[PDB]
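Entry featuring cefamandole (bound form).
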Amino acid sequence: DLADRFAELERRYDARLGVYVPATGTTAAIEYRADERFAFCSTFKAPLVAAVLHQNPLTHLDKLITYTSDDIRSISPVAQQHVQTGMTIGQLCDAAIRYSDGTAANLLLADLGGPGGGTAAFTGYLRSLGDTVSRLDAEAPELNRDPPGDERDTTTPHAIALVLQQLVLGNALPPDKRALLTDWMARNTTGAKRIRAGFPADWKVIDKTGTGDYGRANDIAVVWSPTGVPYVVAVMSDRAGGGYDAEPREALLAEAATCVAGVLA
Ligand SMILES: *C(=O)[C@@H](NC(=O)[C@H](O)c1ccccc1)[C@@H]1NC(C(=O)O)=C(CSc2nnnn2C)CS1
């Protein structure tokens, strides 16, 4: 029983775990706390890049964005390095997805524009995909810091999986922009120990991770079986019981993913 296994993992890691895999032709939806809110953390950067792609001609990726010392306020492995030269929108999308770059994401929110530094337009984009649940209220670093239970900067495993399904597998984006998003997620450097670790090597995994305070660790993926059957996998967790400084536990997501992969194989 999957629910028993998921509950066991919660006890093991003193965590709250959320899992959603949307139904397919022959598989029923997999759901565990799937309609409970969890912080986005960096997982928002996948639909964010899609919003930026959608909003602009493809050649907007070649526009150089300049930024300064006071723009670096969060983990920004790429943007810290190019602060002196600037970065193109294309480079920013790359950094945001593949390195979970916080400054890159903040700059992409600014590019999207409008109230709240782009957070309202981001949320508006999710609404256009029929997501009436998720909300983004702050940028990095604030978005990772909301108290457990607080609805600011949250999604649910159910909501984000349906968003990702439309972006990667559905028609939310034209094929050319869809490929850009897909490729970036395919080349992600941060997800080796999460959903990827739970699926056999002959399954293709593309993903976007999130990590935050109160032991928050998320991963949203699209996976393909060895015969090219796709599934969307959203795993979210927090550890409120350790307080603000609770260590995120990647191993929990790898184990949850292993359990999911066992059902889907
Ligand atoms: C997006 O979630 C973003 N998270 C943060 O900036 C958090 O505030 C945070 C910082 C330090 C430690 C924990 C949380 C960034 N995204 C991610 C991610 O997606 O995983 C991380 C995880 S750390 C990482 N990245 N690659 N390899 N490791 C390990 C922190 S920055």
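Positions are given from 1, in the same order as the sequence printed here. We count ligands from 1, going down the list as the structure has it; atoms in each ligand are counted the same way.
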Cefamandole (bound form): ligands or chains: ligand 1
So I'm looking at this entry - what's holding onto cefamandole (bound form) the most? Name it the way it appears in the PDB entry, please. Beta-lactamase
Tabulate residues with any non-hydrogen atom nearer than 4.0 Å to cefamandole (bound form). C41, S42, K45, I75, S100, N144, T190, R194, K208, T209, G210, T211, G212
For atom 17 (C) of cefamandole (bound form), the protein heavy atom that lies nearest, with its residue and separation: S100 OG, 3.5 Å
Is there a polar contact between cefamandole (bound form) and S42, counting only N or O atoms under 3.5 Å apart? yes
Looking only at protein heavy atoms, which one is nearest to atom 30 (C) of cefamandole (bound form), and how far off is it? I75 CD1, 4.0 Å
Source organism of chain A (PDB entry): Mycobacterium tuberculosis
UniProt substrate site of chain A, residues within 4.0 Å of cefamandole (bound form) by heavy atom: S100, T209, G210, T211
Sub-4.0 Å protein heavy atom near atom 25 (N) of cefamandole (bound form): yes
Look up the covalent bond partner of cefamandole (bound form) and give residue and atom, or none. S42 OG
